[PDB]
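Numbering starts at 1 and runs along the sequence shown. Read the numbers this way: they start at 1 and go in the same order the structure lists the ligands and their atoms. Below, each value reflects all heavy atoms present in this structure, side chains not excepted, and no hydrogens, waters or symmetry copies.
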Amino acid sequence: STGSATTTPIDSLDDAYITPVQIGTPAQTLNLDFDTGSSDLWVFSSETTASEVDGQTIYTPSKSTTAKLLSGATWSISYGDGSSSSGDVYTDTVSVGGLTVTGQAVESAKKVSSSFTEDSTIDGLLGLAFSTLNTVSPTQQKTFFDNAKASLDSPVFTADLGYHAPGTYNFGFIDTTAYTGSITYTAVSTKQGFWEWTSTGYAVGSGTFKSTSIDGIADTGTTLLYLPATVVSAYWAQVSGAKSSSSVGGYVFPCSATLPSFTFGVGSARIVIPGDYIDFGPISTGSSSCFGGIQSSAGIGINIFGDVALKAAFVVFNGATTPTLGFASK
Ligand SMILES: CC(C)(C)NC(=O)[C@@H]1C[C@@H]2CCCC[C@@H]2CN1C[C@@H](O)[C@H](Cc1ccccc1)NC(=O)[C@H](CC(N)=O)NC(=O)c1ccc2ccccc2n1
């Protein structure tokens with residue numbers, strides 16, 4: 001089997017991407033943020049504290065003839081910015097772009113933090129990291145991909161995120177028309193439960209490539225590109241007026257600037273992020289100071305190849321016995 005679903009930016013800045021997911025019988029379609037950095041499929045629901053729902057579409061398990069309460073199971077998760085959610089668990093039929101998994105754990109939110117409430121466009125998350133990170137207790141549950149894998153034509157999924165445009169998540173096949181040149185595969189460590197890999201270096205604009213190992217994770221659930229302070233300083237030094245602002249919380253730059261590209265290495269291959277991809281717009285409405293799309297990972301404890309990087313590539317998440325990651329230009 002295969003599946004193919006369009007993923008759409010939630011706003012004009014590509015702050016995140018949402019993908020329609022069918023849950024239950026009859027289908028209830030929710031727009032979920034596919035997150036290769038986490039391993040829980042959770043949704044706003046009829047069980048979510050009423051005051052914490054503000055425009056999201058909810059899953060109502062009582063209206064699904066295939067929903068079954070997973071007895072005694074609960075979940076609770078906290079993300080990189082301290083946002084959080086928790087609740088109970090059902091199993092139900094879940095379909096993505098024509099690919100169907102029966103008995104998928106659907107984690108129904110009883111509580112969500114303010115950041116989730118305040119974002120009406122995201123109805124929940126669909127985790128695509130390794131199932132070892134799933135938070136369901138006392139019996140850990142499998143991700144959608146892990147459940148589907150055996151049925152897939154090939155044990156892979158691909159992320160093809162758009163710049164200011166929709167893109168595609170495919171399951172079970174590689175669309176050879178969706179990229180240019182070849183796909184370069186690179187080793188993955190699953191020790192921390194992430195799609196963790198090592199970039200071979202970087203360049204800023206038309207500058208010389210610096211060969212240096214940068215360990216990081218491919219995280220579609222993170223908007224920006226977080227890299228070591230040395231690398232980030234070298235990038236922003238090429239932008240007149242750019243500065244790291246403690247008050248704003250990172251590098252900002254004059255909105256009048258034309259940004260240089262940023263290149264990262266995948267083995268001997270090179271992925272070029274155009275400068276425009278690195279502009280996240282005014283820091284506050286009407287400001288002429290803009291927020292940068294490349295930020296320091298210092299104090300995070302890990303580098304993050306988030307959407308800013310991933311959207312410049314066609315990315316293969318290879319879930320074979322020994323997982324690997326593939327990157328192609330597009
Ligand atoms: C939960 C856990 C399993 C630990 N996985 C993680 O926390 C993973 C994996 C790594 C863990 C160690 C630290 C680095 C990454 C962070 N990621 C965070 C990853 O799972 C999570 C998914 C998510 C999506 C939507 C809304 C909330 C949360 N993204 C995040 O925590 C980051 C935080 C940030 N500001 O960088 N969220 C965003 O980049 C983000 C999401 C939505 C937005 C909407 C509008 C405007 C900006 C937006 N920014």
- Query: Which chain is the chief contact partner of ligand 1 here, under the naming of UniProt?
  - Reply: Endothiapepsin
- Message: Any chance you know which drug is at ligand 1?
- Response: saquinavir
- Report yes if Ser38 has an N/O atom closer than 3.5 Å to an N/O atom of saquinavir; otherwise report no. no
- Query: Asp33 heavy atoms, cut-off 4.0 Å: which saquinavir atoms fall inside?
  - Reply: 24 (C), 25 (C)
- Item | Atoms in saquinavir flagged as close to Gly80, the criterion being non-hydrogen separation under 4.0 Å | 7 (O), 31 (O)
- Query: According to the PDB, which organism is the source of chain A?
  - Reply: Cryphonectria parasitica
- Message: Can you figure out which UniProt domain of chain A lines most of the contact region for saquinavir?
- Response: Peptidase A1
- Task: Kindly confirm or rule out an N or O of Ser78 lying under 3.5 angstrom from an N or O of saquinavir.
- Result: no
- Item | Sub-4.0 Å atoms of saquinavir with respect to non-hydrogen atoms of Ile304 | 14 (C)
- Task: May I ask you to identify the nearest protein heavy atom to atom 3 (C) of saquinavir, giving residue, atom name and distance to one decimal place in Å?
- Result: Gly37 O, 3.7 Å
- Query: Below 3.5 angstrom, do we get any N/O pair linking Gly221 and saquinavir?
  - Reply: yes
- For saquinavir, is there an atom lying under 4.0 Å from some heavy atom of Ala129? no
- Message: With the threshold set at under 4.0 angstrom, would you say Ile217 reaches saquinavir through any of its heavy atoms?
- Response: yes
